[PDB]
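Section: structure with carfilzomib (bound form).
Within every chain, numbering begins at 1; the chains are lettered A, B, ... in the order of the sequence lines, protein sequences first and strands thereafter. Reckoned from all heavy atoms, side chains included, excluding hydrogens, waters and symmetry mates. If you check the header, you will see the structure was determined by X-ray crystallography, 2.7 Å. Excerpt of entry shown; contacts counted in excerpt. Numbering of ligands and ligand atoms starts at 1, following listing order.
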Amino acid sequence: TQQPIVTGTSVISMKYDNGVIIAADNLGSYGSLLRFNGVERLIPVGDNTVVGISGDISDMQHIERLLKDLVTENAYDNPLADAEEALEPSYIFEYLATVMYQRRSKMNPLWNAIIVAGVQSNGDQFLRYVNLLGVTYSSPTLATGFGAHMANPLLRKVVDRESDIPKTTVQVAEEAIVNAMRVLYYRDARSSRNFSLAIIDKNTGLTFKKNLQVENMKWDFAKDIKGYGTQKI
Amino acid sequence: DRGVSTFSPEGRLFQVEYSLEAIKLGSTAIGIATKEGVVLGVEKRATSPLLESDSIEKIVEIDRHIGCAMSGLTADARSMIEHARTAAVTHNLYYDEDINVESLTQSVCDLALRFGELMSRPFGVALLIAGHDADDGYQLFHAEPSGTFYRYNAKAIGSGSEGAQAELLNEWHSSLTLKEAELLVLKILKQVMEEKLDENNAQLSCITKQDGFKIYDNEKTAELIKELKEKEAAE
Amino acid sequence: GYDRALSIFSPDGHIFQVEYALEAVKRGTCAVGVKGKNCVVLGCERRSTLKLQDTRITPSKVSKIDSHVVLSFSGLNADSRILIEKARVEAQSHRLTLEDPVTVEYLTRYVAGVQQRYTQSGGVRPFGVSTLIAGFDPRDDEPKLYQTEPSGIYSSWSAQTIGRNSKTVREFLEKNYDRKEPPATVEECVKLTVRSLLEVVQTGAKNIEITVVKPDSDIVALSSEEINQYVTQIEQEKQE
Amino acid sequence: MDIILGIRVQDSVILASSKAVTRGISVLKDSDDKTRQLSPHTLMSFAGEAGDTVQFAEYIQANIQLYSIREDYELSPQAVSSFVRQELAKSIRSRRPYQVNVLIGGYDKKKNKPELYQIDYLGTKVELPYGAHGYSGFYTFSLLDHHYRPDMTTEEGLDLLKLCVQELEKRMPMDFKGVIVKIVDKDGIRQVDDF
Amino acid sequence: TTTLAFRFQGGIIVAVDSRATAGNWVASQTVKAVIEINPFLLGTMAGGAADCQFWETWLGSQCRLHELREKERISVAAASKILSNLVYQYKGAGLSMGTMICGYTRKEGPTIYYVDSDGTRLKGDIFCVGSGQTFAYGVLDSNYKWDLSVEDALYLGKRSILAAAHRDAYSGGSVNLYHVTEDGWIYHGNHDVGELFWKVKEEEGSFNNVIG
Amino acid sequence: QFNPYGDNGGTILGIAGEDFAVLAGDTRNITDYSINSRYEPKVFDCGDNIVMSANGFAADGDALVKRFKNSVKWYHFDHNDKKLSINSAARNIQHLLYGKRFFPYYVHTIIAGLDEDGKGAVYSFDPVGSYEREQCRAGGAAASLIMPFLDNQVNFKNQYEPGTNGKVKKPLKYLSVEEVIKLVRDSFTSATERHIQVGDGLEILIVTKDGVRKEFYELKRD
Amino acid sequence: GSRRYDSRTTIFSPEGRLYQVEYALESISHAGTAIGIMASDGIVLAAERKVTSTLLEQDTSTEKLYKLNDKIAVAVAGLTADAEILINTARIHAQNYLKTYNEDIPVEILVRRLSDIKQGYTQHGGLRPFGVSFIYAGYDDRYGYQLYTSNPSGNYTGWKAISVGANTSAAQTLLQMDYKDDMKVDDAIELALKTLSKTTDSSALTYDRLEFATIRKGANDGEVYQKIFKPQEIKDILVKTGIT
Amino acid sequence: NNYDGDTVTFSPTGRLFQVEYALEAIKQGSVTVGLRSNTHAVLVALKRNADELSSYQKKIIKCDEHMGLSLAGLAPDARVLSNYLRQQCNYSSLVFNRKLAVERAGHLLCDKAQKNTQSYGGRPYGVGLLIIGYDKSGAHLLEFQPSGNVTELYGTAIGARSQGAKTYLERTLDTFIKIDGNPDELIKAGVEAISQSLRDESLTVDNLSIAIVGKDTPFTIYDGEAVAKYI
Ligand SMILES: *[C@@](C)(CO)[C@](*)(O)[C@H](CC(C)C)NC(=O)[C@H](Cc1ccccc1)NC(=O)[C@H](CC(C)C)NC(=O)[C@H](CCc1ccccc1)NC(=O)CN1CCOCC1
Ligand SMILES: [Mg+2]
Ligand SMILES: [Mg+2]
């Protein structure tokens, strides 16, 4: 039995024609206090997988260590560790999903919601979710926390089903993700302006973008709003 | 002294090889498999005439579709039978079905090598496991203390085994009836037994699909003994 | 824990520790069991090199396992107490779960199983004890007499003897006991048991113990004078 | 389980125990014997939590019978009561205690005296001339204080007992379906069939 | 549920309903509340479905092991006590069981043991267990005699379940009948309450409170 | 305080024919008022012509299916590649479920296939292992909506022969695979209309002696 | 491994004897003689101290005779250190029985349990047996006055008069000669001392080389008293019987 | 001599005699052959019988859909080791959703056998194994020895008179390695290889045992009339 202390908010993601995109802000909240601002919540595993984590940060750092140790362990007595027998997104996910469900079954969960995004060896896109309960699901778009309520509706307008994936380019997909992050900054009280974004493409590989900011915001209309009903001044 | 789980220079486990010598001292047990059923027969061998021979239990039921005969240090077989019975009933509980004869034999043979320095020594008893299932039909297995089991059309174990096995080699064919098999066990038992064969110092049993595993009465076996003697005198 | 495999096979296929446990039984005082038509009698030798004994308090050779079953033995006395205790506990445990007292066969099978367990368990030696277990099954009038030995084998006997000079008394019983017609009464069964011990014992004074068991938990031990009457009667008939 | 009574008189101990077994709004049985013979001259009645009562009684019975076989000797009522108390005293500090109250009626053959022991589920032992468990005591004790004499006969004790059962049948809320009465004396244990 | 079993001149009758509910939701109308431990022993099921199913199947395995080891049929007393001693170990853990172990042996004759999850074990002539037990008791008690014929006894058990099925909301579906003899039990059919009610109403003249 | 259980919604349906059996289930996965996936299968081919679904808490459902698939694998290893009969599978699943009697799998489990006589079979389980063979069973969120409809159309309950004064019942008969799929599709479209947790897609797994076939149909996405 | 150095203490000889038990008995046969004699109105325990030195503190010493409870005592023959391990176990066992049943432990029950412990060391554990033989002298309300003996085998037997330790063969012959059933305590005291005086390996039997104890009903009305004799009391009883 | 009482003792020349005696048990065992191309891997095994009335001892065991082995020596020891492999293959699938590499399979067997050669009380395994498989890096063939030594090979053979088949495969190396996309021809080469280890006896229908795994072929075993094609 736990209670989360230092927390990370939404993680959002989607598939496009040649790969997957995933994003998450750089904030570590301490309740209502926006305590830590340099927190990286996207963690790459190899050159073909990115694990996005929300929820308790102490448990996130534990998971980082597990993934780091997983890479080390896979390299042992493995001449093809950087080739055929390299870690796949599906391998990394199933490992975490096993751990999360074992921990919930011991009534001592890792208080997280995780999205594993990557590209398999055969070029197929991989995008799957797992949380503190051990619940797993996959979809063309996936998001955690507030992102599930506000980002998914926006991302599903681009990729509403499987057949919309080949029709969606990386330019269009990234635009939607960046737009979603702006909306979350407008409406999520535990969000920050600064965020990280990662693209895993089957051709161009892993592109990790740090220190992004929400921009092109609409605030000007606020000056016209006066009072809460009658007030004219 | 020396370790219990030691290999000889020839590549055999001393204790397993020594347990096989104990089995050669044991009373004879014979099994024959047919398309109409499997027959199991044993030499009781009472050490004294005051001993009530009907209390000598060397043929044993494992389940309705599986039977068992033994030879050697027969006291060692009790825990083997207990395990077999539990394995058979447990499988029925988990899978709502009868357990395969081969799978039962394998379960028993897993105990065999669980000794060392687990129990202190191998079993000093060999088992003939006979049964029927829907897949492989009527079967006869020979389970040793080495952990090895062979399926047999016919098999003899005990003191008169090598002489009886040579006789079974000539007599067995694929079209044997159940009645023919019953007489053949009695015939071969009478040949290798020290004392004269009768209903009190020998016991028959069988397993059929229809009626399951059955140990024969002394009255039923006595008639088969009488039928056997008449047929040999008839030519 | 002490793990050593003490009971092991030899090149010729023998377990010497089990066979040496039989030698301990052969050293022990003679014990005999004879079952009649409606009873079983357990006879026991007591060596007479021990005078100044207190027979009130000295452990008796025949032990009650339950109200309907008894157990005598030959071999190491200390070892026998362990088997008797275990048997008594199992007797009460059977009544508790099955709501019925043990059969003589079941009790024998249990004791024999304990003896066997000590022949292939690490860190232990076999029991230097052979037992004669006798009694009557619940609501049954057929007499039961079983024997066990260190190896763990057990079997039923019309009549049997164990211990020192047991081969002599077994020789006696083999010609004197008729299967077709066992001792019809209690007196006949006791007499045959006393006769068989008189082939081996020495004197019929405070050397022979007799215990008679009858159906429905009817067990009684004979006194010196009662046994002495059988001894006096047999000797007078012998001089002929 | 509800009503168990006990009366020690001059030469015997008398135990009375209700026959009803109730679960919910249904009397499942009206002929239940809430007692076990521990030894030829020792009887124990019991009442309390369902399942625990019989399980405990039989466990004690097995232990006393084991002792009798081992020593070829009958334990005194005092010795048996002490053994029972200790088992309950252990039980009360266990993970799941036996919620069982008992009366132990016995005849000591060495002293030639009857003895009645009352032991509750906590392991609280007392020797008494008369005893009860549960709500029964709230009626019977005051009644026995008045009518009981130490030199009474077994027949006088049974009449005294009838007086208790009548009072319980009059003032008790629940129908306990009468009682099974048993007597413990020098000749052992026997049941009164017509009560 | 409603389950009953009673002893009589000709052995034992066992009768149960076939309804199962999850709150007010009727999950099943075709449940087997009589479980066949073996060709000679029956067990009724009331309370937790899984608890009863699982452990009475387990009981049959233990009864089979007994007759393999002892070369004799297990007594009803010994069989019931194996189950009661088992559930007593789990006391406090939350098992929910109200069963009747019914059988016929030589030494015992026809015997019924009520066994329940809080450790109770009672021998008796008549038992009714379940949410509709009171309704069944009413018909059973008022019409029960030891000298009932096998035909009349089977009807009484059927009629008692019908009485409960009618009044108790959580009882109904169909009636399963069993007759237990020394040579084993005999199944006496599944009887849909839908058709049985109207049939009994007409032929018996009972249930006048209902519009027919 | 940490709550180890969750409700992932969805509903499933198993119908048995003469020489076939179907096991259907919607493809929607939810938590509270949110949709997690519009296509997340929960009906699986487990081998030996056995199809299985464990509906309710998805994490427990996935674990159970995973364990049963593994049970089938080891059954082959230990018993000379013997085919696991549907009845043997059912009993095995009871032991999987009851093995966690004091920390249950929060799922309603259904399996379908063919019995040893070649006839269609459906088995349904409660969360702790009580099971029963049936012609018809709906499980999950909309089971209360679908099941009485099945009673009426599959088992012909409350339907009497016209003109017979309600004396002669409508006779029971096996349905064709075509007629069964019609009932499944109509069951799910009706459940989709009136239950918020049901929709998106319908995936049916049909089992015959020839093997395991699949069929997919769209459902309303609101 | 360690198999090489294992003596195998709990095995049979080819003749069916327990090596270690036999060799433990050989050890005990060199220990100071201890005699127990049971009379109709009490029990005597007499024991010879092992070759005493003149500078040994005699009055505050305990080698042979130990108290188990108010009603039971033991005479020791063998390794004293081994005996004290067993004695403390026996003392505890007696108190467990009293705590459980609110009654003093019957003599045989105490003897059996102590003997069962010895038996265990001969059958399992791979340890050497206790090199000790006891003479138990005690009283209970069932059998009255009782004498028992136990030895390393764990076998125990009851006696009217018995000796353990050195020269038991000679000592048992002398006891068998002069013992009779209607004997009193005072007579048994005299027999015990006379027997030691003849079987002793010393030149002459003196007070400083002896331990003595009685268990009488000589207390006031129906109760048992244990008397462990003081040095001066042994000196007096030795003069009174005319040995010195 | 004085240094063969247990596995924990070294000889003066640095030898472990108990491990060598375990190796001897393999030489007494019936011959079995292993070989592979780039697309498929094949096991061929000569089964042995007690007599004409007995069955023929099964030599080949399946470990997963993509892996399995053949045995020579103590069969119960092969059952223990194959069961361990089955669990490890299975752990890799459940936890990582990943087919176990044939090379890791060998490493795991090596380490399990090793522990039994360094501790008092235990004994070495008395069996040799030929593991074949098809994983993400193509076809594989391993040779396990109970000393712990595992070796990856194109082809090999173990058991009695295994030198004959091992010589043949050493000659045929260049031919059979290029048998790609042709199962029956690769088996034929393996059947001809095991034939070089035969004396007085020939390959019959209930004597021969073949197993194959490859690109679009799960690990399957052929016995009885299914191997009559290759005689
Ligand atoms: C009469 C009919 C009523 O008592 C009888 O007593 C019958 C006896 C028959 C069923 C053998 N009893 C029941 O029907 C019994 C009532 C009951 C339930 C729970 C405890 C005590 C008594 N019904 C059940 O046990 C049902 C049987 C199902 C409908 C087949 N099962 C459930 O209610 C299950 C499991 C309940 C449970 C027991 C113990 C621990 C945990 C849970 N619950 C669900 O199915 C709920 N839902 C299933 C779908 O997934 C979400 C959870
Ligand atoms: Mg109703
Ligand atoms: Mg909607």
Location of carfilzomib (bound form)
ligand 1
Determine the main partner chain of carfilzomib (bound form, ligand 1) by heavy-atom contacts under 4.5 Å and name it as in UniProt.
Proteasome subunit beta type-5
Mind listing the other chains that have a heavy atom within less than 4.0 Å of carfilzomib (bound form, ligand 1)?
E, F
What residues end up in the site of carfilzomib (bound form, ligand 1) at 4.0 Å, going by heavy-atom distances?
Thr1(E), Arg19(E), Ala20(E), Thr21(E), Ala27(E), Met45(E), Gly47(E), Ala49(E), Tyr170(E), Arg101(F), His108(F), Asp126(F), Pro127(F), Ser130(F)
List the residues that UniProt gives as binding bortezomib in chain E and that have a heavy atom under 4.0 Å from carfilzomib (bound form, ligand 1).
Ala49(E)
What is written as the name of chain F in the entry?
Proteasome subunit beta type-6
Indicate the residue and atom of the covalent attachment for carfilzomib (bound form, ligand 1), or state that none is modeled.
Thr1(E) OG1
Which residue from the UniProt active-site annotation for chain E is closest to carfilzomib (bound form, ligand 1), and what is the minimum heavy-atom distance to 1 Å?
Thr1(E), 1 Å
